[PDB]
Participant: 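Shown below is the structure under consideration.
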2 protein chains.
Amino acid sequence: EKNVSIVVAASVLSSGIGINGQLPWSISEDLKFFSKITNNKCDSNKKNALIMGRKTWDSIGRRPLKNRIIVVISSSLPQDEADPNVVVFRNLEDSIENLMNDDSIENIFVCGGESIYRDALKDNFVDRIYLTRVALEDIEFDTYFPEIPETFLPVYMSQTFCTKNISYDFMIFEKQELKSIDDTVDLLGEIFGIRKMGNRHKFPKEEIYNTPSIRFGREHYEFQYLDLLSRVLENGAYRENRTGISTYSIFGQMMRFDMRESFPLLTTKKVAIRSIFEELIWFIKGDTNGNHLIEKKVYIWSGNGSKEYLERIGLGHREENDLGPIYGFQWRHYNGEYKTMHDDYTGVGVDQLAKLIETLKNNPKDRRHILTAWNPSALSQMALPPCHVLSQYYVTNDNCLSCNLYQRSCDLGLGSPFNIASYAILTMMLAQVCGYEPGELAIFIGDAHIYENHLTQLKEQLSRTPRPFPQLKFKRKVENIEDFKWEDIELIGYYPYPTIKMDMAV
Amino acid sequence: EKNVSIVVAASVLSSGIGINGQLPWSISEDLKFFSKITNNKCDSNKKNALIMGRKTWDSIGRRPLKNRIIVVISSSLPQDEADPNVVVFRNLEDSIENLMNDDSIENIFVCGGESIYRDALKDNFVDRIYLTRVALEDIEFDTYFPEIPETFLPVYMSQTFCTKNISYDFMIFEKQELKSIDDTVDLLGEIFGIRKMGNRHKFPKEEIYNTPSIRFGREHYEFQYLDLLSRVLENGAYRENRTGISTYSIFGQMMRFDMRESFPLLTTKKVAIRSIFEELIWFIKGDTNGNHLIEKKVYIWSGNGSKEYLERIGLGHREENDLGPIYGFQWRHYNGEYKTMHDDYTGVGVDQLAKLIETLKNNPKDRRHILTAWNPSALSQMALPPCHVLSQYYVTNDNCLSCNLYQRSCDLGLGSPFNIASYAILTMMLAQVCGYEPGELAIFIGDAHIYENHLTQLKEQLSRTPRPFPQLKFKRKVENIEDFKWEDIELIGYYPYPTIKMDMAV
Ligand SMILES: NC(=O)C1=CN([C@@H]2O[C@H](COP(=O)(O)OP(=O)(O)OC[C@H]3O[C@@H](n4cnc5c(N)ncnc54)[C@H](OP(=O)(O)O)[C@@H]3O)[C@@H](O)[C@H]2O)C=CC1
Ligand SMILES: NC(=O)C1=CN([C@@H]2O[C@H](COP(=O)(O)OP(=O)(O)OC[C@H]3O[C@@H](n4cnc5c(N)ncnc54)[C@H](OP(=O)(O)O)[C@@H]3O)[C@@H](O)[C@H]2O)C=CC1
Ligand SMILES: CN(Cc1cnc2nc(N)nc(N)c2n1)c1ccc(C(=O)N[C@@H](CCC(=O)O)C(=O)O)cc1
Ligand SMILES: CN(Cc1cnc2nc(N)nc(N)c2n1)c1ccc(C(=O)N[C@@H](CCC(=O)O)C(=O)O)cc1
Ligand SMILES: Nc1nc2[nH]cc(Cc3ccc(C(=O)Nc4ccccc4CC(=O)O)cc3)c2c(=O)[nH]1
Ligand SMILES: Nc1nc2[nH]cc(Cc3ccc(C(=O)Nc4ccccc4CC(=O)O)cc3)c2c(=O)[nH]1
Ligand SMILES: O=c1[nH]c(=O)n([C@H]2C[C@H](O)[C@@H](COP(=O)(O)O)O2)cc1F
Ligand SMILES: O=c1[nH]c(=O)n([C@H]2C[C@H](O)[C@@H](COP(=O)(O)O)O2)cc1F
């Protein structure tokens, strides 16, 4: 009685694994994973057995794999005894004689085809599943991986990797069937109520924890957002704010995101990527005219730029969509005397974005690559004070550009998915203009909250197991950061769950 | 064969437990901990046995404890059979007959005196130790807790609690004697080198991990700093900077600190608390004269305020210790045209600190309580750009004041211990002026680094097991935040390790 594991690489949605007798992709790192996961043994005097169908045996050229014994399932192949590294059995059941005897076999792996996968789960022989989800779907398949039965639960999900612009994950599904420290902490939690800081930061309950079975393997960095969503539902204090819609708020959180091998665009909800870019390039160009976004069918700044909202906050004399000095006016013309959105401010103010780019490539190891937007002198003229307040940038020793963002207030339903993608794109743009590669993205949050009208929606989003991040590449290299266009951005491998509607609190 | 645990409350340094037949302190929460830790049982049809000496039996008034069987060790007391909850044995060895028979006893606890504690460890009967370290030392003891033998290792250290201005911890010492997820992550770490983000954030090795035996119980919030020290020693990239002393730097870190029941002043190194305050009140008053700190014997701003350093950065015309517009000039006179340190700036600039206090008590649930110091227009006039750049404050539903601080650059040897205490004191001052209690302190760090001349010192600091945080209380309630004086601050229960000398990089 030893371990039997399935190793497979299937597509993310349709679970396709083959086409015309070969794989529908060429991922080098995946083959290395298969080689290391099937050679992983504890006894040096034992070998691992790899069960596979005949057509798969034809796919690998009918040649043995080093340090392993290939078990071919076929009714026609002659049970040859010449090659000691290849053995043939007539049916799958007989091949599981590796259990009963043959103590020289330590582990068993089932890396066959649809025919072998299907009647290996149906016959209930599989203990573990090593799944390699690949983000390719608009191609043709003819051989699929069967649906994972409900007896299996995911226990690990790696970060999203990239090979030839193809995103892929690594998951582990397992078949389901000290206390002295935990008890002492519980007893101290009963004595001190909210005096013990642990009780102010309780672990989320299972009913609000996305994919609860993955306990120790929450490596995928979308969990940095889905678990922040859970921490708010658990510890969020019911509070009122400037709007009529109350929130559940906690203070002091952070999220990390990789940008080297993936793009932190959430997959549990279809995020409008075009509107994010059109807002970011709107900041970079220095524009404050709210109509230029409406002319491009971007209505995210319409609520805070209406005639009734401006008169309500004391800016009735201001024009319709004149948001005033905001993001992109403190970036390009800091401390500049703002008049209207039609005047020409070329030359006035401190150009932080220009000095940022000039410093990033003339002094990379400088510790002052900071782009701020909090101007106390201009706060009263703003239609809305800056939420993503201050950002710092960092050049690593391997010529990568990381980014840290502090956010005073975070709408986890609407603003947060945008802010993650927006500052990811901005870091990539700065990397190309300065000649670096994208690094990491860390977002530090002050007032992390959830609007009470988003409770039914965000609980729906938490019920969706995350999919691998897509890839974002630029089609051309620009000479100045202002020259970026929407046609220059190519989003590769984005297969999200259906979009979720959530109303903005004005 | 069941479990035998020691329960004891000893002083932090000398390990005193008694005086004149009674305890040297009155901590209510500690007695509740003893009651719950000795009643913790799994079988409802069994009771726990509490072994204690005769003099301890006199201390509790010779009356039984509910739901427990007290075992008194005494050579003179008559072995009475009347009370079934009290039994007397002639020696400690005979009393450990609870093991051999009497299956109605589930657990055994040794909460005796020095006489019972000493020959319970010497006879090697103890499996676990529940230690309650109390921060009282300048009093008189006559009964001590014996030194913990090397066979025990700490596995848990709770946060610092407060009762009647007395700080105390809870530790657990234990006697020393799935893999499928860990292996898959290791295999992916071999395939992808630094492409897997986990390899850029490696767990610190044991030789640089403070108190490595405490794996799952790093509750004490001094570990938020000692483990950041370890993460830098593990992943820190060797980089040069504006000074001649290179650093080991990582990007994007955070630390949490409780301020309700303790004061985050590091105990692994004696921190000059007076110099921290004199710098903070120097900021609050709006002063930029570097000599006023030297007149108060505070020389932390002498390196960056010398005649040779000012001429080196292009400010030769500036006076000797005229640091220019820095912290405390952007706080009180933001965007104010700076001349010299002798002029009168009363009225010019935006007073953030005043508007911060006015907003904290007139609109607590506001999400804009932000105090910034990054002014791009005044950066060129500064002797040193702001390190603690921007801070945000938050009022909880139970009238507590939390604080978030973003720090672009962090000298983990010198600036970090100061910044932790400085913004802790500032939050407490704002709480008293606004009528709140201290809450939490979260510090978000950009360039967290360690200067290479601090390597021998910081490794020494990592070899010291942390002690409970002290308490900081104000002697009087001030009417304005500027009225605070050093005589008004009382530091209670600070018993740190000896101070460590580290040179500042100018
Ligand atoms: N992405 C991935 O991880 C993997 C993908 N693949 C791909 O899948 C494709 C091949 O898989 P597939 O087409 O399903 O063929 P299979 O690999 O599953 O093998 C099929 C053969 O196995 C034998 N067989 C199957 N069931 C039985 C049975 N109940 N009793 C006796 N013999 C049986 C038959 O051999 P016979 O007719 O001779 O008796 C049959 O022709 C290829 O494109 C391959 O590249 C393969 C492995 C892994
Ligand atoms: N901080 C804490 O957690 C605790 C503190 N304390 C404090 O400690 C003080 C008391 O402890 P302490 O003074 O050490 O006295 P003890 O509680 O250790 O008990 C002493 C008595 O135990 C008996 N005894 C001890 N050793 C032996 C032996 N080898 N054989 C037979 N009998 C033995 C003797 O009784 P006899 O002479 O009658 O034979 C002796 O007088 C008190 O102040 C108490 O409050 C007590 C418990 C816990
Ligand atoms: C056609 N086929 C089946 C195949 C392909 N990809 C997979 N990918 C995954 N994740 N899981 C599988 N079971 C799997 N199976 C193949 C193809 C090549 C090799 C192979 O050459 N393996 C070498 C590895 C070669 C290398 O290191 O790049 C080995 O050492 O096992 C194995 C199976
Ligand atoms: C003198 N003495 C010994 C004593 C005192 N403090 C300690 N504190 C600690 N952490 N550990 C000990 N072993 C300990 N022992 C005492 C004093 C009072 C009670 C006592 O009354 N215990 C009640 C608790 C009373 C309450 O809940 O406040 C119980 O239910 O056990 C026990 C032992
Ligand atoms: N309270 C408050 N005020 C704000 N002022 C400005 C903002 C930024 C902001 C960011 C995002 C959206 C938004 O509608 N997103 C969204 C989400 C899911 C599906 C479709 C869309 C719309 C689309 O297809 O673009 C709106 C506003 C903002 C905020 O998020 N909250
Ligand atoms: N590179 C660089 N530039 C700086 N400019 C300004 C600072 C702030 C700062 C903070 C602390 C100290 C300092 O000497 N601490 C210390 C530590 C241990 C023992 C004794 C003392 C001195 C004492 O008793 O006060 C000096 C400077 C600072 C910095 O920390 N690093
Ligand atoms: O980029 C943004 N990100 C964001 O999260 N918000 C949300 C956060 C909050 O719900 C509201 C502003 O909070 P407040 O108006 O109280 O400062 O806008 C707005 C943005 F523009
Ligand atoms: O409050 C402070 N905290 C701090 O950590 N430093 C250190 C960090 C770094 O070692 C140096 C400034 O880094 P740089 O001069 O490169 O901006 O001062 C200075 C302060 F004033």
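Simply put, chain letters go A, B, ... down the sequence lines. Residue numbering for chain A follows the PDB entry, covering 3-179, 193-521 in order. In order, the residues displayed for chain B correspond to 3-179, 193-521 in the PDB entry numbering, which applies throughout. Only heavy atoms go into these numbers, but all of them, side chains included; no hydrogens, no water, no symmetry mates. All ligand and atom numbering here is 1-based and tracks the order in the structure.
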Participant: Could you check ligand 3 and tell me the drug name?
Facilitator: methotrexate
Participant: Please provide the name that the PDB entry uses for the chief contact partner of methotrexate (ligand 3).
Facilitator: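 The largest share of contacts goes to Bifunctional dihydrofolate reductase-thymidylate synthase.
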Participant: What other chains come closer than 4.0 Å to methotrexate (ligand 3) by at least one heavy atom?
Facilitator: A
Participant: Mind listing the residues near methotrexate (ligand 3)? I'm using heavy atoms under 4.0 Å.
Facilitator: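 At that heavy-atom cut-off, the site is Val9(A), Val10(A), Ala11(A), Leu25(A), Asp32(A), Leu33(A), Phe36(A), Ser37(A), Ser61(A), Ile62(A), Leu67(A), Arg70(A), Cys113(A), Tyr119(A), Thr134(A).
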